[PDB]
*Asks:* 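For discussion: a PDB structure holding proflavine.
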Amino acid sequence: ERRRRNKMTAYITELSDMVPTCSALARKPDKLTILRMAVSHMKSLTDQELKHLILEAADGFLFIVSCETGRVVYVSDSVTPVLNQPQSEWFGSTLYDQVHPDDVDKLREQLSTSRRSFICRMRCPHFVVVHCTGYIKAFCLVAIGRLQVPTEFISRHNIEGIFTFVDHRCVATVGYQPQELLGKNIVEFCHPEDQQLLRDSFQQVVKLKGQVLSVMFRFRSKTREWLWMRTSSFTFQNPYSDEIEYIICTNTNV
Amino acid sequence: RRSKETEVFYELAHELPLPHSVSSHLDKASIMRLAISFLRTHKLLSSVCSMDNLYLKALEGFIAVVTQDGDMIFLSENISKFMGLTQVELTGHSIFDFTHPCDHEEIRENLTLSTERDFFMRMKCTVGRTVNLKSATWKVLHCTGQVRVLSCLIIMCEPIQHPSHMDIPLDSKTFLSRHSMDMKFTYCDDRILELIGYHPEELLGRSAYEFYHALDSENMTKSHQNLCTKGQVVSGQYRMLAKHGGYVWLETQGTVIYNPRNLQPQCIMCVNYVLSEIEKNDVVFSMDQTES
Ligand SMILES: Nc1ccc2cc3ccc(N)cc3nc2c1
């Protein structure tokens, strides 16, 4: 029934020692005295340090904007560590001025006829994604803004080898516009000699699901030049069903 | 003598930086817990710094500070708003006593040893509104913060919001969609078309993975995994391929929704926030974009 007692005493020790003007004693006082000591000391002592709590956990800053003009009524200095921006810049300013041009319409609708939240790119022509979260108050928005976050080319295939995706770098790599590979099977750009080598390779990647396999072969460039290439690839399986979405390859000139 | 004791306790309780509204209603133990944890908080804050209905209300989530042994030294007030549970009820207690175990290891891994932390955890929720801890429910929190030295976790726990029960307005740059557990499109609204170029009719057979930039697939994988295990996710920023050349950037919050009378999963509902315009218009990435 009484380990209540011993962490009440643990409480009294632990507590007693972070009261400094009490910690500073060779002998340490009784129950009530340690208590009133803490009391009077607390009195001696949650406000803007809250603001920095925000800045530390969330990487965020406070700002109020009139829903009328979009002009910034108030901006927390925490804007500076976040956006690398002087409070100056945000006081004579409108929030539309502070975002990406394409982010404007969205903003018009968050400032229209409750409580608000949205994502937008704010400048520090360099922008960063920012999550603003706030609410409307007497006609204004009190919200907080928060941050977070060629040699070769990648492709994707259905299991048969048809190109289903290529990164634009393909054009530099093999001379082809994406359009010229997409839809066609990869073994068609292959030297007949190496075609079996390519085929069997697909087998191995599918038979063994998830791990990576490499193969080297001659790939038909757009100037029709056989290109030694290593491609190394693995299947991509749905997280829920674990059946096979497709195959991902990286094709690197060798 | 306990006359003096009890009365000094309550006196103490009163001008902790809180309303006597709640100060009043404390067992001495709570006064202790809170006293200490309040001190510890002021310390750690001194460690990092070398009228606030605004910051509290502006937030759509709350601040937690949690030691390495998992005891939650500090929690902002408005947690009650999101979690039901009051600060009072919680400071000093082990995070692990209020989190879905199965999330505990992962919590342990984000508790220790880059200092940037970003993960999802299920926490006990008791909210129409308020219930009691008996039939508590699991609520998913997106937690982002920094770990610090001691060892110490400072995070912001953001609820993800359940699409059928909104509290915020939505934009023109935001479309909404439904999926099988496969993330196969089963439904999408007709904001798609204006935003990325597809008719909703087009996507029905299609798994969502068909439309991610390869560079994002795995990240998406992570999200999927989590959506299923935990029940909700916010994805990172990722590109979705547009009806013709190029892509737009996105962020999707996914919620598994349940059959109410069946208590089985049904679908995934996705609030999809479009973050940009089609970036590469000249560039074609997939088979569908080649047509026409
Ligand atoms: N709307 C967005 C969102 C995220 C973005 C991320 C980027 C990363 C690198 C880069 N060069 C441009 C980016 N543009 C973005 C535009």
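For reference, chains are lettered A, B, ... following the sequence lines as listed. The PDB entry numbering applies to chain A: residues 98-142, 160-227, 259-269, 301-314, 335-345, 360-464, in that order. Since chain B takes its numbers from the PDB entry, the residues it shows come out as 26-75, 87-149, 163-176, 180-201, 219-361. We use all heavy atoms of the structure for the numbers below, so side chains are in, but hydrogens, waters and symmetry mates are not. Whatever order the structure lists ligands and atoms in, that order sets their numbers, starting from 1. When the header is checked for method, it gives X-ray crystallography, 2.8 Å.
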*Asks:* Tell me which chain touches proflavine most, using the name in the PDB entry.
*Replies:*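 Chief contact partner: Endothelial PAS domain-containing protein 1.
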*Asks:* If a contact means heavy atoms under 4.0 Å apart, which other chains contact proflavine?
*Replies:*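 By heavy atoms, the other chains are A, B.
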*Asks:* I'm curious, in chain B, which UniProt domain holds most of what contacts proflavine?
*Replies:*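 UniProt domain: PAC.
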*Asks:* Going by the PDB entry, what is the biological origin of chain B?
*Replies:*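 The entry lists the organism as Mus musculus.
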*Asks:* Report the molecule name recorded for chain A in the deposit.
*Replies:*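 The PDB gives the name Aryl hydrocarbon receptor nuclear translocator.
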*Asks:* Okay, next thing: residues with a heavy atom within 4.0 Å of proflavine - which are they?
*Replies:*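 Counting heavy atoms, the site comprises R266(A), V305(A), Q306(B), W318(B), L344(B), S345(B), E348(B).
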